[PDB]
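Lab note: Phosphatidylinositol 4,5-bisphosphate 3-kinase catalytic subunit delta isoform, idelalisib bound.
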Amino acid sequence: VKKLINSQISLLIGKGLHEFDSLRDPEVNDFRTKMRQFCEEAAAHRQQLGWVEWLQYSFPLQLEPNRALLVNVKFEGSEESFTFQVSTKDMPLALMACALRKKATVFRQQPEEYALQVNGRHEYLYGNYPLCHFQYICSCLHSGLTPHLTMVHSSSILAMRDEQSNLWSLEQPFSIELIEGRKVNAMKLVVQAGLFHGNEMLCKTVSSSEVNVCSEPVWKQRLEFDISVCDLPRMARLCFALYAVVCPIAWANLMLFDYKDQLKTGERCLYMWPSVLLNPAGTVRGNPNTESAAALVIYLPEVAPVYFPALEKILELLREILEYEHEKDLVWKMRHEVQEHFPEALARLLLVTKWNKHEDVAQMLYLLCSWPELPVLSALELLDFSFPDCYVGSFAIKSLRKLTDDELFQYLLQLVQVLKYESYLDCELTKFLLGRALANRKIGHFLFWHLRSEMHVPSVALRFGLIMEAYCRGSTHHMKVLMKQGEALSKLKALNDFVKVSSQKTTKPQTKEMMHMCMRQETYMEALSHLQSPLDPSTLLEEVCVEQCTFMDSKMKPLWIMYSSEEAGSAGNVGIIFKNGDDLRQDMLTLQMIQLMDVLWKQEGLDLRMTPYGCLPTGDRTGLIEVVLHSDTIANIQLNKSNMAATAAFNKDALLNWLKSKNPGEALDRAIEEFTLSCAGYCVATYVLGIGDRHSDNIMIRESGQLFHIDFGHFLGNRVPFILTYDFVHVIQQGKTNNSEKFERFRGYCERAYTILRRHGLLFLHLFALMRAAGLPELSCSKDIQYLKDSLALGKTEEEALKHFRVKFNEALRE
Ligand SMILES: CC[C@H](Nc1ncnc2nc[nH]c12)c1nc2cccc(F)c2c(=O)n1-c1ccccc1
């Protein structure tokens with residue numbers, strides 16, 4: 001009934017729906033009701049999409065950011081295949097008319113009625129783009145492999161669709177009364193309060209009296225702030241630090257206006273969070289661990305039922321050098337000049353805006369509502385917490401709406417982290433994310449896992465749980481596809497626990513055949529088979545190949561799980577790596593950032609042949625990593641074993657002999673080149689990102705020659721030199737001792753890659769800035785972000801920045 005759906009939702013999101021109701025919170029109840037209706041409405045929009053439109057929804061196109069190729073095409077019901085010779089400039093439709101024509105001239109006698117599906121993948125070829133513009137067609141073109149497509153009729157596509165159906169007056173100073181407190185430590189106690197607007201103070205901080213530490217203390221003391229009530233901005237938050245003195249203890253935050261714009265009065269009790277002192281960016285909701293949390297009771301005086309004013313009320317109420325408070329000055333009362341001729345300097349203007357005086361806010365807000373929509377880049381900036389105003393927030397979302405799904409996919413990790421800055425449940429960002437997720441099934445997929453992966457974190461468990469419930473309201477079908485994934489994940493965790501225990505008392509071979517017998521149980525085989533990969537929903541994991549599964553007998557004992565699809569061929573031969581105990585958040589950001597570099601590089605005609613493999617936290621220190629097959633570790637290669645084709649007279653030849661043995665004849669030149677581009681790319685990626693501890697065990701190489709890094713762990717120096725491994729350098733130089741020709745080719749690739757990224761330095765700064773919200777220990781300060789600015793060197797000219805890169809590069813061929 002409606003009871004099955006709720007029950008599955010509770011199971012899927014890892015928090016029982018009954019818990020939301022137990023809260024008796026009308027903000028929560030109104031979110032669940034408003035957002036439910038919102039998502040149910042998208043669902044009904046979706047179930048009457050035209051078949052091409054539904055293809056777009058469910059299998060969005062994977063495009064790259066003259067020549068002839070061999071193609072193989074069949075139909076759904078058939079087993080019979082045709083192999084054609086088409087161009088690369090040919091549209092998909094051209095391909096489809098060929099297929100249909102030979103179907104006639106084989107079965108005896110309209111392209112528009114079909115789409116092309118990659119065999120064994122939820123991925124399709126359609127639209128007026130030449131074949132080479134397709135990522136699948138491209139991967140094939142570089143691996144020598146032949147594309148395998150299936151002609152799928154609009155009437156079967158329609159089947160899939162249906163299958164998935166379902167006030168200014170108050171001029172007295174702001175003051176609170178600090179009543180009591182409720183938990184203990186070790187000395188005297190102090191409560192520091194601060195009115196904050198984002199990260200800036202609306203006035204001086206105000207402390208309290210000192211009382212003896214034990215208790216359950218009592219102040220009943222009146223804290224009054226240097227700020228009038230009528231000047232409290234909408235998004236103003238009051239922040240408390242509780243600590244000790246002759247020693248940090250707890251913090252807690254509260255909005256002065258509720259989620260209904262009403263100014264807060266009366267007494268409220270604050271269940272604090274443990275520290276290490278004021279913490280303005282911390283969540284504005286209480287600690288859910290009410291049992292053992294210090295509690296802070298305060299009283300907000302009832303200054304009359306005063307609402308924050310409607311906007312209609314609010315609206316009625318040398319300089320280019322800069323592109324000091326003798327500089328703000330001229331930005332602010334030349335504000336109109338900034339709207340006229342510098343509409344992109346909005347951020348700067350909002351920053352010199354004093355937010356502690358209401359009639360200033362109104363004049364900014366008056367300019368804001370007439371402000372021309374801004375570029376995505378600028379928009380990404382405005383989402384930062386340093387622009388806490390809810391109207392700036394809406395402007396930002398509004399300027400963000402022109403995000404393509406690819407861009408949105410690319411930035412989604414950040415946007416999701418920014419949810420932790422939000423002051424209320426119901427907000428524009430969330431509505432924006434659910435709207436986009438419901439419009440694109442891949443976005444939906446990853447929005448879900450980013451939220452799901454943090455349900456063990458109580459700061460966000462409620463917000464994130466609510467958001468997943470709403471989404472689940474929007475696609476009952478995808479919810480079940482997603483449960484399917486989580487039943488797989490649940491199994492791998494129990495499997496991994498077994499292997500960990502087993503391997504502490506048993507040889508590896510015997511634990512492996514033990515792992516296998518466990519996988520062979522009915523329960524496992526069913527749960528682990530026939531799902532979409534959480535790493536990429538267009539990858540289908542069909543039959544788990546048990547004999548090819550194993551584990552690494554290192555540390556966390558990660559699992560190696562292989563799959564096959566008797567209908568995808570070699571494209572269905574795919575693996576996933578499950579790891580439990582390590583924190584995979586660091587690696588996901590790094591590999592996301594490397595993916596972006598790769599895109600930026602490729603849009604300026606530079607392909608450094610990167611391997612940005614999937615990496616996905618799915619839970620508390622739990623996740624999946626994408627298996628890159630036909631690759632081996634440098635360390636393994638460098639072992640220089642006997643009886644191997646790669647066996648070498650000098651250790652430095654090992655890497656190259658291995659390459660020769662995998663790439664005989666004139667195949668060899670291609671692999672050196674791939675090695676060269678990919679090494680260039682990774683050297684630069686790790687330098688900019690400040691990723692040290694790079695060694696032969698966390699660098700791998702593909703039989704094609706491509707090199708790629710793994711297990712990044714940290715980034716941002718937590719100052720890393722550029723590095724150059726002589727062993728890589730001597731693959732690049734083709735085995736030859738000196739080879740400036742081939743060494744400077746590579747120097748060029750490094751420089752070109754470096755300068756290209758430099759040109760997009762603002763994008764990386766904006767993205768990393770928003771990631772501060774994620775709570776990665778490597779990404780906290782301003783000196784973390786300063787690290788990126790120096791590795792990209794944006795405080796300098798392209799000419800002299802290149803000169804600084806050359807010295808570090810040259811210092812790096814030290815070895
Ligand atoms: C750490 C190196 C390596 N990591 C990776 N191997 C393949 N694709 C990857 N994608 C990300 N990390 C990728 C690895 N990771 C594993 C993880 C779990 C279970 C395992 F058996 C392995 C394993 O055997 N290797 C391995 C080692 C030496 C050669 C070949 C593969």
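Start at 1 with the first residue, then count along the sequence. Determination method: X-ray crystallography, 2.4 Å. Atoms within each ligand, like the ligands themselves, are counted from 1 in listed order.
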*Please name the UniProt domain of chain A carrying most of the interface with idelalisib (ligand 1).*
PI3K/PI4K catalytic
*Looking at atom 30 (C) of idelalisib (ligand 1), what's its closest protein heavy atom, distance included?*
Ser631 O, 3.8 Å
*Per-atom contacts, idelalisib (ligand 1) versus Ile625 - under 4.0 Å to a heavy atom*: 10 (N), 11 (C), 12 (N)
*Examine the proximity of idelalisib (ligand 1) to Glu626 and report which part, side chain or backbone, both or neither, has a heavy atom under 4.0 Å away.*
backbone
*Shortest protein heavy-atom distance from atom 29 (C) of idelalisib (ligand 1), along with the residue and atom involved*: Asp632 OD1, 3.2 Å
*Under 4.0 Å from any heavy atom of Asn636, which atoms of idelalisib (ligand 1) are there?*
28 (C), 29 (C)
*asked:* For atom 8 (N) of idelalisib (ligand 1), which of the options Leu624, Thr611, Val628 provides the nearest non-hydrogen atom?
replied: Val628
*Looking only at protein heavy atoms, identify the closest one to atom 13 (C) of idelalisib (ligand 1) and say how far it is in Å.*
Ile577 CD1, 3.8 Å
*Which is closest to atom 27 (C) of idelalisib (ligand 1) in terms of heavy atoms, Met556, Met552, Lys512, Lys557?*
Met552
*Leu559 and idelalisib (ligand 1) - part of the residue with a heavy-atom distance under 4.0 Å*: backbone
*asked:* Can you check which of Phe578, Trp560, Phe551 brings a heavy atom nearest to atom 22 (C) of idelalisib (ligand 1)?
replied: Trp560
*In terms of atom number and element, which parts of idelalisib (ligand 1) are under 4.0 angstrom from non-hydrogen atoms of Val627?*
8 (N)
*What is the closest protein heavy atom to atom 19 (C) of idelalisib (ligand 1), and at what distance does it sit?*
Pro558 O, 3.2 Å
*Give a yes/no verdict on whether any heavy atom in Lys579 is under 4.0 Å from an atom of idelalisib (ligand 1).*
no
_Element-labelled atoms of idelalisib (ligand 1) that are located less than 4.0 Å from some non-hydrogen atom of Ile710_ = 1 (C), 2 (C), 4 (N), 12 (N)
*Provide the number and element of each atom of idelalisib (ligand 1) under 4.0 Å from a heavy atom of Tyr613.*
11 (C)
*Give the residue, atom name and distance (to 0.1 Å) of the protein heavy atom nearest atom 3 (C) of idelalisib (ligand 1).*
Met700 SD, 3.8 Å
*asked:* Could you walk me through which residues contact idelalisib (ligand 1), taking a 4.0 Å heavy-atom cut-off?
replied: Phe551, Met552, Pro558, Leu559, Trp560, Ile577, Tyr613, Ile625, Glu626, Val627, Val628, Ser631, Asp632, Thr633, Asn636, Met700, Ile710, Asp711
Return a table of N or O atom pairs, idelalisib (ligand 1) on one side and protein on the other, at distances under 3.5 Å, rounded to 0.1 Å.
{"from": "idelalisib (ligand 1)", "atom 1": "8 (N)", "to": "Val628", "atom 2": "N", "distance (Å)": "2.9"}
{"from": "idelalisib (ligand 1)", "atom 1": "10 (N)", "to": "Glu626", "atom 2": "O", "distance (Å)": "2.8"}

